[PDB]
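Consider the following structure, which contains bortezomib (bound form).
All chains are named by letter (A, B, ...) in the order of the sequence lines, taking the proteins before the strands, and each is independently numbered beginning at 1. Only a part of the entry is shown; contacts are counted within it. Counting starts at 1 for both ligands and their atoms, following the listed order.
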Amino acid sequence: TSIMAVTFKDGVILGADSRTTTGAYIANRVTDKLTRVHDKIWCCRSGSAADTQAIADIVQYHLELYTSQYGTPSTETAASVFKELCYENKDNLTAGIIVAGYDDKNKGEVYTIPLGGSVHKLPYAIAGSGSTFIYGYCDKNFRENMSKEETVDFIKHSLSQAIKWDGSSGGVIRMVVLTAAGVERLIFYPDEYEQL
Amino acid sequence: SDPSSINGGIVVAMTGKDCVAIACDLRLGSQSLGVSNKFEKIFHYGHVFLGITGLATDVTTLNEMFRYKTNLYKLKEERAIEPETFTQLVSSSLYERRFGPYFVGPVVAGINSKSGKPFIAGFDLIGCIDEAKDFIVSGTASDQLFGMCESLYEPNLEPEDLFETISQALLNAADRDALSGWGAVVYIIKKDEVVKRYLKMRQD
Amino acid sequence: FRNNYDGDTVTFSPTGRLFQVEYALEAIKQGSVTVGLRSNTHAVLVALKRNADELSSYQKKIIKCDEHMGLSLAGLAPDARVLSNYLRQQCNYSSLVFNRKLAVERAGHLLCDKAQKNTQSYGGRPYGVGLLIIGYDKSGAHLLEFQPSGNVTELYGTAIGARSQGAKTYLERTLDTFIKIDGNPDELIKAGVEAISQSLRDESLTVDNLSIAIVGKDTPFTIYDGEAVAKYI
Amino acid sequence: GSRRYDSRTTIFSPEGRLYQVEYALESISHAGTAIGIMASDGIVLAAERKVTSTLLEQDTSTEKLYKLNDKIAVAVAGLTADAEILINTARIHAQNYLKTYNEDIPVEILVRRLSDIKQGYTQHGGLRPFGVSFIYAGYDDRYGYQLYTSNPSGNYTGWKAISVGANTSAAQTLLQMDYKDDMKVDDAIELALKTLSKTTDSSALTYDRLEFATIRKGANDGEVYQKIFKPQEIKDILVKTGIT
Amino acid sequence: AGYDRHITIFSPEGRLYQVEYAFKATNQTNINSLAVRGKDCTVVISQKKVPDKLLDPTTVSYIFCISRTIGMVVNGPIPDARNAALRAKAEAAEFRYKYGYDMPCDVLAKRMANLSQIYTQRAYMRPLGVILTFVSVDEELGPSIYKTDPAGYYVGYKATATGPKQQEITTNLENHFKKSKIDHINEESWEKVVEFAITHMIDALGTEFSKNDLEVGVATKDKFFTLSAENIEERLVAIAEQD
Amino acid sequence: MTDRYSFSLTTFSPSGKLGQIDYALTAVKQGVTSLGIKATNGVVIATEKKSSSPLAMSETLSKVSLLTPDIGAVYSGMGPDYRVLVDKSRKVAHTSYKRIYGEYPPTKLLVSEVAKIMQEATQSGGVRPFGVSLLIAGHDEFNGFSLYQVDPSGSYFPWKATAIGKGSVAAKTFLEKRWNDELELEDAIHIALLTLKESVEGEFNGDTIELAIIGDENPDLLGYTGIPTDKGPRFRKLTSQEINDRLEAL
Amino acid sequence: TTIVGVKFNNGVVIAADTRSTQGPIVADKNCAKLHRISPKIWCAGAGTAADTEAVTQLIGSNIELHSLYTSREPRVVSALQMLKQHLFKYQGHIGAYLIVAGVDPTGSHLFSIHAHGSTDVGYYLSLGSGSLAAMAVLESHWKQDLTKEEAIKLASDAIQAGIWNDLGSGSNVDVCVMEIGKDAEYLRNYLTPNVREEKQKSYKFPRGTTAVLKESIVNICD
Amino acid sequence: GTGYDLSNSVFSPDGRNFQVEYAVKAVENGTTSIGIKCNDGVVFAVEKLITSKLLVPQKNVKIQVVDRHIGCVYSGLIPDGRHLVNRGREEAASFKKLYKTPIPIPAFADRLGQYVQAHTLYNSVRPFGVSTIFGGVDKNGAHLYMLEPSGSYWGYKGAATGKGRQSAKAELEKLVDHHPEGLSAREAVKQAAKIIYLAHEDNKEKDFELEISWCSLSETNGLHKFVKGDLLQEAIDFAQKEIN
Ligand SMILES: *[B]([O])([O])[C]([C][C]([C])[C])[N]C(=O)[C]([C]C1=[C][C]=[C][C]=[C]1)[N]C(=O)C1=[C]N=[C][C]=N1
Ligand SMILES: *[B]([O])([O])[C]([C][C]([C])[C])[N]C(=O)[C]([C]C1=[C][C]=[C][C]=[C]1)[N]C(=O)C1=[C]N=[C][C]=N1
């Protein structure tokens, strides 16, 4: 699995590969690892499909009840709920989650929640088995306040490299753009990113 | 080690023309040591017959349980439970202990009193129902039984013929299993009557 | 009226009173007088012990919570034991978990909350005892008055029990005087005895009838009875 | 608080009586009369259905005679619904006993148990007692045919012939008048019908207002047989006994 | 004996006085409300009265946003209304979690009616002195209005009204539908339906409304929202230019 | 908090009466009349949809409910009590029977379960009896067609025909006259419609009346095909139209 | 085991083989791996027989009760949420691997659930030991916009890939078609390509061949 | 009949709950306290009757903080007030722990509301004997609230409760009218000290001690703090001056 979230000038974009495996067998080649826990708060799932799905469904339930009572939640709040679940249940979960959301006052934000259950707010974040192969690339090519086009390109190149080296990653690259303008879904096929 | 190989034993059931048959061996041992040669594995509640192979203590417990349940059933329903219904009761009862099962291999046989249709069924230790039209096998010599049945069997046999068939299937399978044998009993069931015969077999 | 609203604490009267609580307060008045006063270095508790017969003892009215805290009681002894024991634990939890002595003001808060729970729920009864708590903490000497209603107040001096109003007036008068008895415990204790005698009438404070407690700057809360208090009679 | 609305169902009267038990009994006394008569070759249970109609389906009806075991049965007088709760637990205690000892439960053991349940609602729990009285008719290989009775108090006793429900005093006097130790099941049947026939609060005594049952050990067998009479069967026995 | 009027047990006449008295409580706020169904929206109008000058007018409401799609207006004391709201929100959130789709207006109504039916049968729970009107544009039933009471009763309406002067509003609305012969305001925009609603709210009550005398909630496909003082004014003006 | 009402709210009076059950029956008496008639090949249960306002949608309120594909219920008394009883009845039919024997319970047993729930609300601590009387009709392979009545006490009995609620006495009488053991289902429906007419004050049509039957299997109401032993539910609610078509031959 | 699911232009279809095994022994030559959750929501199960049957009936039961309570047709996403949260609760110990499909007020659906509780969505799916033979066929013949008949063929051929090439799968082919506006149609043994050839001889024994020691009549009646 | 006022969750025939109304009497019998919302915060103040000279001055504090941004003051049964703050403090910790962000004042208000309303649902508990004024600064502004024993609460521009609630409410209504642009933190502090000195006349017999606290986005950084020393004295003066 290769997933990442990057904050740029207009907000934030989430990207992921679409492969779920059972050993060396690709159980699902068109997986959607970019999950919505709120209108403008999405997450990136890595690790156990069952664990992350269950976690995501719970956070969604929580934010929906939060909204019903106190209105739209901050991205920081969504990360707090994910963390609370991941940390308190560290012994029975295998979930690497990246939380990205778009706020009007805060623009775009990214919080990464790795295995332990610790929280980390960053300009951008990468996770999943394939992320190890692009640590160098991403660190060398990331700049703050990029444009949507620059960002989509950064995610597209980074992930195609991750997909190239990591056998657990593959299929199509999916993206989700979060800005004041709204929500946009992007999809890139093999024939495109494989030759970048 | 294997709760299903400590006591030993077999049960087999077949459907014939307007009849059904169910048989079992009589051995009850403790590993190599034979202990009893009168341990029957076939019981009945009303006109529904049930054979149980596996760990003897559970075979006994389950029988006591189904007597208990079919009794209350008759008192409330004001009628005798039918093969089909019982099968379901056995299945749900077994799954109730899904993670601490009874080490048994149940077999149901009987004639539906209303439709007069012959019926047989097998179950694994957690309740999975196997409703076959020809035969069901269970026990420590189930491979042998499968072999005997798959060859010897044929549809619509008459009571007298079905008897010869099921008896030969049981007898020859048991003689290839160290944990089975020591006597056998066969039940030929018909809408109206039920005959029980003890077979003559090797005692080693 | 009242008779239909004093059945239990969970019931409010038409005027907004809680009679059961008021009745509890009444147990205090029927209790033997006790006094409390402090300077800036010490805090003293002078308690008049009451005896049943002349063959009986003069029941203890002073309990120690910690090395820096203690209190005098007026009312139902069992309730004072329950409340004092609770305070001993809070004083103790503070030392064990935080290696910190519990602030007198904070102990008052705890008693108030414990008392309150017994005035809002069905089946229970309010506590029937008044308490005067003295202590020396990180902010000096302190004196507190506890009422079963849950009201706890910090004062320079005060008294509770029968005829307690005598002493209370005396103190409210002698204020400017004893508040300055710093560095001199015996003078504070004497002032404490002259206050408690302003509520006498029946007899006169005797040796086995008098009980005094002191705490302060360099004085771990300690209790004196009999002979040890002879030099104050 | 709640205390205010607590009836305190389990307290003693100044005379040392149990209010609720007393009133439950008063309740039972208005219930259709049930009679149990024990012979030498069997037992007879008869009961009068309280309140009936032209449209009441009697064929599928049961309100006073229930089978507990294959050797034990009961006649009910009181709240049917309350009775069913007890009957079901009763049927369970029987099966438990059977599964534990592999022997049918002795009649008294089953009766003592149920009576114990009732007695409980009498001493603790703050709940009302069961408005029910039972006549137990059963057989076991230790005491043969037995006849018992239990009421809201949780007390029970054995009889040769007895009644529960309405007009018990009247019915008891009549039984204590024509009963004889050497009776026969057919004699008992007739005595039972006569008693009800004389204590009814209705016009005549028709079959549509009766429930009948016998526990005999049919000579041509050697086992005990319970027979809950069918409407037609009760109508017949009604004619023969000269009540048409 | 006479306690058959303090807790919820039957009176000799087979009545439950506590339920009846709870109904009385529903009018304590002296406010009226009504709901009508559009072609593809549902509207709820409710009187807004702010007596104290020391109050923050923006926090005086009896309309609630139960879920992205369910809206609820309450007739009764605010503390009981908020208790009912919090619960309904919780119930709606959980339903989505467990069943994978949004709780339908009619279903949440039933759920709350059942909860109310319980305070009716259990002695330790008092009924809530409120009437709840739920509205939305159900994905299967379209514009929907369901109302529940302290008796645990609930039913769906073509249009409805609640409050002290409920009868006048009702008969007014009744007359309109006897006429139009349809069971809904045949309007494409919710703005006109809101206007229809306020108009009749005025006829039946014989009163004129300023932008701060009303409170309005609108339910449309996938969303329920409440109008602002200014959104309402824009509404009031429009109606003015017709009379 | 915490229900501290652990004592019975229904107790025995000196006369031997159980006040709360008596009062509950009184509540039932005020209820809208409902009835049931058993034919030789079916059963019919019917009641009046007493709309509590013309602005209310009478459809959204069904007094006749399906408990199992071969069993239905109807009542008289407190609708909310009936509603929660139907939910429990449907669930108990599963938890206590289908999930065990893999088949729906027979009418008498389900009725028995319901009766139990009601009996408990007669003795448990902190509750009042249910203020309803139900008429349950169903069919099962070994018992055929049946009709029962369950009262607030928890008592129940089988009927050839009966009525409960407001004008039960008059209705019961009219039924005794028209009932016989050779009635066909249509005949019973007809008699049901006639009986209910004497009880309805205002409009009498397929929109003010609610009627359902327990008859033949409806393979068309099954939703799928392929399993020979599944022929469809015997429970069927009549349509507003189906009712009117019959009211014309009234 | 081989179970598959295939969406077509106006519905969804699911198929499965009919073999059950214990080690290398065929326990059942014609079991039914197709379960009904509600009239129009069917499920294909693989893994532990008792488990697939049990979880399928439990959710089915609750779905029925939920339907009655809401006066609405059951939705596939609801069966999917109840099933998945149940399986998740049991950390994989309930060996149920399901392909759940169906039509409801919101349209036609196709999902899969693994024992641990994860779900997946697609136009075509397969699970079981035959899963790889089936998927090879699906990845080779599937196309968007299939007709009901094309779907039946595709799904049926996928199961056959399992029957022939996977030892864990065999015997017959079961299918169930769920179309948007019609009744769901269950086709038990839609294909039976493995009929046993006539035996070479009859083993009917001459009566009396079996030695009997004792005999008696059994009492059924009570 | 009557008795409708002896049990807490009971509805009187007129739909009221007398026990709650009685609790209110307890609130009216208490010290007066207020709340003044300003352009970027809120100010709290309360009257502290000096029963005697023995009371250590400035010690027995009454105003309470919840979390770090909320202030609470109340009139009525003091212990009941602490009980409510304790709950609020737990309520707040819980919220921050899961959502990270300190609790919004509106959210906090409902927490207290739901809890207080809860104590009017059972006869096993008593309604709260206090009216609480509380508020603070949050993500979107300042908020002032007053909660009644019935669980009722609304947002206010200014609020008062206790003995002299009328004097205060009067003074508060003036300020509201003569300052549509909104008072200031600094100004509200003096204004408050005044409303308190005026409302003290409804208790002019006993001497008192003033207490003020405030939470202003600019003066305290959104944190709740007590007014002490100079700023306090300056306010006492502004009051002592205009009291003549
Ligand atoms: B990715 O690696 O995170 C990937 C996708 C998932 C987060 C939606 N993980 C998986 O597919 C996991 C195994 C794994 C592989 C490499 C690194 C970490 C974890 N597989 C499954 O969860 C799975 C497989 N088959 C059925 C159900 N679930
Ligand atoms: B298939 O592979 O999924 C198949 C069909 C079943 C899910 C309906 N599986 C089985 O038949 C299983 C395999 C298995 C064996 C041992 C442990 C777990 C799974 N067999 C059985 O479930 C079974 C049931 N009864 C008797 C014998 N075997």
Problem set entry | Place of bortezomib (bound form) in the structure, all copies | ligands 1 and 2
For this session: Write down the name, per the PDB entry, of the macromolecule bound to bortezomib (bound form, ligand 1) with the most contacts.
Result: Proteasome component PRE3
Exercise. Heavy-atom contacts under 4.0 Å: which other chains make them with bortezomib (bound form, ligand 1)?
Worked result: A, G
For this session: State what the entry calls chain G.
Result: Proteasome component PUP1
Problem set entry | Covalent anchor of bortezomib (bound form, ligand 1) | A/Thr1 OG1
For this session: Pick out the nearest UniProt active-site residue of chain A relative to bortezomib (bound form, ligand 1) and quote the non-hydrogen distance to 1 Å.
Result: A/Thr1, 1 Å
For this session: Find all residues with any heavy atom less than 4.0 Å from an atom of bortezomib (bound form, ligand 1).
Result: A/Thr1, A/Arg19, A/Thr20, A/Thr21, A/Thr22, A/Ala27, A/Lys33, A/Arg45, A/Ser46, A/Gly47, A/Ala49, A/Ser168, G/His114, G/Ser118
